[PDB]
Undergrad: 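Once you've had a glance at the structure underneath, I'll fire off some questions.
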Amino acid sequence: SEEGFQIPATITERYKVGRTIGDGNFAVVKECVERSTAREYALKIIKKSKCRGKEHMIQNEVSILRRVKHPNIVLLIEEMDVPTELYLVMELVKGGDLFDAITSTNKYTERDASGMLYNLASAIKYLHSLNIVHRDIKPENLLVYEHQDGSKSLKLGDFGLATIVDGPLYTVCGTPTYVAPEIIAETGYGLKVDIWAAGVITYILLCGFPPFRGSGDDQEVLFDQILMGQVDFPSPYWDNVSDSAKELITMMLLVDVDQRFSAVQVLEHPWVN
Amino acid sequence: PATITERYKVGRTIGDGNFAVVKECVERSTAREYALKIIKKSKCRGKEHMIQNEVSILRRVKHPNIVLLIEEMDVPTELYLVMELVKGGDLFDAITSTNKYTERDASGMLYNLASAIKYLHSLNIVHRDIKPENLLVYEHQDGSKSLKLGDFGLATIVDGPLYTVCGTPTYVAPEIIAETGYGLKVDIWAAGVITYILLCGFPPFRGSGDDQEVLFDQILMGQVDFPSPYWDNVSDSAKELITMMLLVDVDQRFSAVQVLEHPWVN
Ligand SMILES: N#CC[C@H](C1CCCC1)n1cc(-c2ncnc3[nH]ccc23)cn1
Ligand SMILES: N#CC[C@H](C1CCCC1)n1cc(-c2ncnc3[nH]ccc23)cn1
């Protein structure tokens, strides 16, 4: 391949591997056609070795992907473990990621925004029912599934940081823009860090900028805003948005974790029907 | 950055890796030698941004067998960590230069590592990446040598079973592979694997290039061999301790305290 992975003959036999559609650290995603059926799939190639000497490391993503199926979550079709790399065959999603879509159309209507939150809150409710926290919910990790109808669903991917919650966690991880206060505070966190992330994304969908923005002074500013957690809906940007939307986003972006909506409560809110 | 260039004369790279470089630096005012760790956060040739966990832990820990954090300068591009300098290189390099060590030198090194671990476990911190590459050789004036635990990238506070599958296969505990819940004692298993390598020069659980599942099944069953002629010289004491460190039963497996109370490290 372009990057220089030695593609196993087992893979090349079954699949024709196409162009790269997703790039990360120690992982690439490619288009690929199954030779028998002519059906299009996503091939995710994960490097186990760091390629920094023989610094062989272990992957956690596939433990999670095996035990989950949902319309609004990326689907693992099968896996090929090779000494060098882990190869995941997954359902292909052709509409790109939510980050790309937001940069293309600054804002979204409440109708389009609620539909996307309905999809994301559905994925999160399912994961949470299995005590799985994602810990990396962000636009770059939400894939746009385009229906023939013209309608668009979101599919959640990148379960790299996903784990099972059996009591409070303390690992400091995620993207600062989307990270919950209790992660920064290091007082312990669980499933509801995902609700916070979803609240931040919903806010961005409606106005085109995040609720907590850093400064050129320092990065401690962004973290100070998140810890304070005062959500503002400034004019003129939020003038023509409903109170209902503002209410829901508020309930998702509460520092008090017991008061912060669960995924069930988001889904029961009138703004998502 | 200017602010760092002012205080510190940054010398050569002494440690390299993914998203991180460690360089020798000297504080100009005091002529004091330090290690400068530069952690790039973006690492995506783009606007992508990620948070750093190592620093939360380093702030909490002070121990003679743990690398000491002196100060942190958070520039928007990268994070800078000034840390205690250890000039003796990593234990991996040390093992590759000296095939195997005497029992006395090995028990010495396990004393240092079990001391670090005991300290961390008393603060409910699991390290989760204990391996030769992450152990630094402190060279005393006497010419005696200590170990210092270096990288806390995967380190966290434990309040109930963890499930995240992480670490290096050679040193990974069976409960991590089994996905049944793990805690502090994954560090004891790692320490057992290292002790075994120190005495014979090879790991107790060895993989087939053809099948790495042979490695994991060995780990899962705790199939520890003490083969001849390699282990002919080594005492029953060393073999018995390693045995208690590499037990699959987490409840039976030695704590850091129990390792330290073992005659072989006394
Ligand atoms: N989500 C997310 C981020 C992820 C990148 C990060 C690591 C590999 C690429 N990614 C997955 C895809 C992707 N695109 C299209 N179909 C897909 N199916 C499964 C993953 C996938 C693209 N980027
Ligand atoms: N331990 C460990 C692994 C780590 C590497 C992995 C991330 C940066 C380099 N590393 C730290 C050092 C090091 N060497 C000498 N003095 C030091 N002080 C603090 C870290 C350090 C060398 N490699």
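The chain called A is the first sequence line; B is the second; the pattern continues. We number chain A the same way the PDB entry does; the residues here are 376-648, in that order. Chain B is numbered as in the PDB entry; shown residues: 383-648, in order. Quick note: numbers below take in every heavy atom, side chains included, and nothing from hydrogens, waters or symmetry partners. According to its header, the structure was obtained by X-ray crystallography, 2.1 Å. Ligands are counted one by one from 1 in listed order, and the atoms in each one are counted from 1 as well.
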Undergrad: Main binding partner of ligand 1 in this structure, as named by UniProt?
TA: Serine/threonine-protein kinase DCLK1
Undergrad: What would the PDB label the drug at ligand 1?
TA: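 Recorded as ruxolitinib.
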Undergrad: Okay, with a cut-off of 4.0 Å on heavy atoms, which other chains neighbour ruxolitinib (ligand 1)?
TA: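 Non-hydrogen contacts: A.
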Undergrad: Return the UniProt domain name for the region of chain A with most contacts to ruxolitinib (ligand 1).
TA: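 The majority fall within the UniProt domain Protein kinase.
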Undergrad: Between the candidates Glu466(A), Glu415(A), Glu436(A), which shows the shortest non-hydrogen contact distance to atom 18 (N) of ruxolitinib (ligand 1)?
TA: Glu466(A)
Undergrad: Check each heavy atom of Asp398(A) against ruxolitinib (ligand 1) and say whether those closer than 4.0 Å belong to the side chain, the backbone, both or neither.
TA: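 Backbone only; the side chain of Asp398(A) stays clear of ruxolitinib (ligand 1).
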Undergrad: Does the structure show any other ligand or ion less than 4.0 Å from ruxolitinib (ligand 1), and if so which one or ones?
TA: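 I find none.
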Undergrad: So, looking at chain A, which UniProt active-site residue gets closest to ruxolitinib (ligand 1)? And what's the heavy-atom distance, to 1 Å?
TA: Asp511(A), 8 Å
Undergrad: In terms of atom number and element, which parts of ruxolitinib (ligand 1) are under 4.0 angstrom from non-hydrogen atoms of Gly397(A)?
TA: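 In order of numbering, the contacting atoms are 9 (C), 22 (C), 23 (N).
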Undergrad: Is the shortest N/O to N/O distance between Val449(A) and ruxolitinib (ligand 1) below 3.5 Å?
TA: no
Undergrad: State the binding site of ruxolitinib (ligand 1) (non-hydrogen atoms, cut-off 4.0 Å).
TA: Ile396(A), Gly397(A), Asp398(A), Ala402(A), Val404(A), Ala417(A), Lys419(A), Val449(A), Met465(A), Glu466(A), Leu467(A), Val468(A), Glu515(A), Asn516(A), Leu518(A), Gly532(A), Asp533(A)
